[PDB]
Amino acid sequence: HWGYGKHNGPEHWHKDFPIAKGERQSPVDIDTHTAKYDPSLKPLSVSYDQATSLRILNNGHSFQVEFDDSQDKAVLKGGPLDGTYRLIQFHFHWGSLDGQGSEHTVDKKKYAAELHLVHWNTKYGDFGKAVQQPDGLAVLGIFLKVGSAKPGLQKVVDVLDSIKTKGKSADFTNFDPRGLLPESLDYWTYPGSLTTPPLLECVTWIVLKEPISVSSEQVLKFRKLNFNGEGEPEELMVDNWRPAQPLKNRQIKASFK
Ligand SMILES: CC(=O)/N=c1\sc(S(N)(=O)=O)nn1C
Ligand SMILES: [Zn+2]
């Protein structure tokens, strides 16, 4: 099975998922001096006031918080998007050390972690259909840097002990994802892919310029999770990030000058 270890990590994925060597793979390095300002780009519209969180799960590759996406409760619109995209879950990627952990890089700089807010395009009716379309998903990427604690993240950090191993889940209601956003919504955007298998090239990536800061104690907690299931030999959940992929025939656009 695929993973992030030496024998089943990102450089092995292409044997089971040949699109790994595809034309619009993610993540990528964002070169700030060659990104193109596009003033036709609209401001992002984030409407999370009615979000309904349900559950948090250790999926063996990360942990994810799931939302009710049965109606237009929490949606993303605007930006480079046409149409409305519903939030279905968020998850993180992080490192073993503070100098690594993000998937995207900015002028080759890595961040300590990267938050992904995953949304799907409601014109396709459900998530499984949306991933088969080039404009099926929109993922909001937010960088984490180590510094001062983020209050809005503590409720997440506090329940990780209850989902330590693969396949564990816990009730996680009334979580407000607005507490995870930076102050500014300026962004870069490019067409790309899911960054874990099946690596489908169905994503409009929206990567926020401004990182959020978390404390060392907060990220430490991330690092105490386990890839393994209960009763199995312990393998700490760290470095669950894919390296930057070739940009190839793509342009990164910026919403800001
Ligand atoms: C949200 C979901 O069900 N899946 C995902 S989201 C994703 S990511 N990391 O956001 O590009 N990769 N995969 C496989
Ligand atoms: Zn992700």
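We're numbering straight along the sequence, starting at 1. Both ligands and their constituent atoms are indexed starting at 1 by order of listing. Basis for what follows: all heavy atoms, side chains included, without hydrogens, waters or symmetry-related copies. This deposition comes from X-ray crystallography, 1.8 Å.
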Provide the name, as given in the PDB, of the drug at ligand 1.
methazolamide
For methazolamide, which chain wins on contact count (greatest number of heavy-atom pairs under 4.5 Å), named per UniProt?
Carbonic anhydrase 2
May I ask whether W205 has any heavy atom positioned less than 4.0 angstrom from an atom of methazolamide?
yes
May I ask whether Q64 places a heavy atom under 4.0 Å from methazolamide?
no
Atom 4 (N) of methazolamide [closest protein heavy-atom partner, distance rounded to 0.1 Å]
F127 CZ, 4.4 Å
Look up the source organism of chain A in the entry.
Homo sapiens
Taking 4.0 angstrom as the limit and counting only heavy atoms of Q89, give me the atoms of methazolamide inside it, by number and element.
1 (C), 2 (C), 3 (O)
Is it the side chain (CB and beyond), the backbone, both or neither of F92 that lies under 4.0 Å from methazolamide, heavy atoms counted?
neither
Students should be able to answer this: which protein heavy-atom is nearest to atom 14 (C) of methazolamide, and at what distance?
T196 OG1, 3.0 Å
How does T195 reach methazolamide, by side chain, by backbone, by both or by neither, if only non-hydrogen atoms under 4.0 Å count?
both
UniProt substrate binding residues in chain A within less than 4.0 Å of methazolamide, heavy atoms
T195, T196
Quick one: look up the protein heavy atom nearest atom 7 (C) of methazolamide and list residue, atom name and how far away it is.
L194 CD2, 3.7 Å
UniProt-listed Zn(2+) binders, chain A, heavy atom within 4.0 Å of methazolamide
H91, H93, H116
Look at atom 6 (S) of methazolamide and find which of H116, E66, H91 reaches it with the closest heavy atom.
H91
For methazolamide, which UniProt domain of chain A supplies most of the contacting residues?
Alpha-carbonic anhydrase
Ligands and ions closer than 4.0 Å to methazolamide:
ligand 2 (zinc ion)
Quick one: nearest UniProt active-site residue of chain A to methazolamide, and how far in heavy-atom terms (to 1 Å)?
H61, 8 Å
Hey, does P197 sit under 4.0 Å from methazolamide if you only count heavy atoms?
yes
Taking heavy atoms and a cut-off of 4.0 Å, what residues surround methazolamide?
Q89, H91, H93, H116, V118, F127, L194, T195, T196, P197, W205
